[PDB]
Amino acid sequence: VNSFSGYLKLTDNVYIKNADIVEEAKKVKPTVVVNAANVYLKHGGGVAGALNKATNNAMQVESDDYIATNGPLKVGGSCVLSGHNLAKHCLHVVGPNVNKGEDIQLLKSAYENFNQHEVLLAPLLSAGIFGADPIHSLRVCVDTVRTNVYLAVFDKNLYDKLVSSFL
Ligand SMILES: Nc1ccc(C(=O)O)c(O)c1
């Protein structure tokens with residue numbers, strides 16, 4: 001048993017809810033929250049900008065030190081950093097950004113990072129401003145992640161479309 005509430009069960013291991021991931025993290029304090037990161041860990045917009053704002057910019061300060069030491073992530077890659085006030089840990093995962101021309105085949109590689117963690121609160125990778133089809137992102141998630149993933153979908157209209165169209 002875990003602390004996640006109000007989720008629809010899609011599969012043995014994948015759950016979904018219409019929720020603001022920031023508000024969900026603040027309530028649950030999960031072991032792992034996933035960030036929709038870019039390779040520079042520049043948390044300006046989207047889930048990343050919202051998560052970073054909720055940490056009062058401490059996520060960005062920590063991220064800048066990580067990049068100064070290690071250089072940029074790979075598209076499809078990840079790093080584990082602090083979860084600050086939102087979670088124990090934040091798994092920063094880089095899905096391909098279609099609005100920058102990145103290979104959508106890298107979305108499966110991105111989701112494979114989730115398998116290193118038994119339970120995660122996450123957004124749909126490459127959904128929203130990263131420009132991918134969220135229906136596709138949910139299909140790759142279900143077909144790739146084997147650990148327990150709680151997906152928080154911000155847009156109510158999209159949530160309903162994802163559930164209604166789910167095979
Ligand atoms: N508070 C939130 C939650 C999600 C997003 C998102 O873009 O997916 C956002 O931009 C703000």
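Heads up: numbering here begins at 1 and tracks the sequence. Both counts, for ligands and for their atoms, begin at 1 and track the order of listing.
The chain in largest contact with ligand 1 bears the name, in UniProt, of Papain-like protease nsp3.
The molecule at ligand 1 is the drug named aminosalicylic acid.
Of the protein's non-hydrogen atoms, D20 OD1, 3.0 Å is the one closest to atom 1 (N) of aminosalicylic acid (ligand 1). The protein heavy atom nearest to atom 3 (C) of aminosalicylic acid (ligand 1) is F154 CD1, 3.3 Å. In terms of protein heavy atoms, atom 2 (C) of aminosalicylic acid (ligand 1) is closest to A50 CB, 3.5 Å. The protein non-hydrogen atom at the shortest distance from atom 7 (O) of aminosalicylic acid (ligand 1) is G46 CA, 3.5 Å.
The organism that the PDB names for chain A is Severe acute respiratory syndrome coronavirus 2. The protein atom (non-hydrogen) at minimum distance from atom 8 (O) of aminosalicylic acid (ligand 1) is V47 CG2, 3.4 Å. Residues of chain A contacting aminosalicylic acid (ligand 1) are mostly from the UniProt domain Macro 1.
Near aminosalicylic acid (ligand 1), within 4.0 Å on a heavy-atom basis, the structure shows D20, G46, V47, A50, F154.
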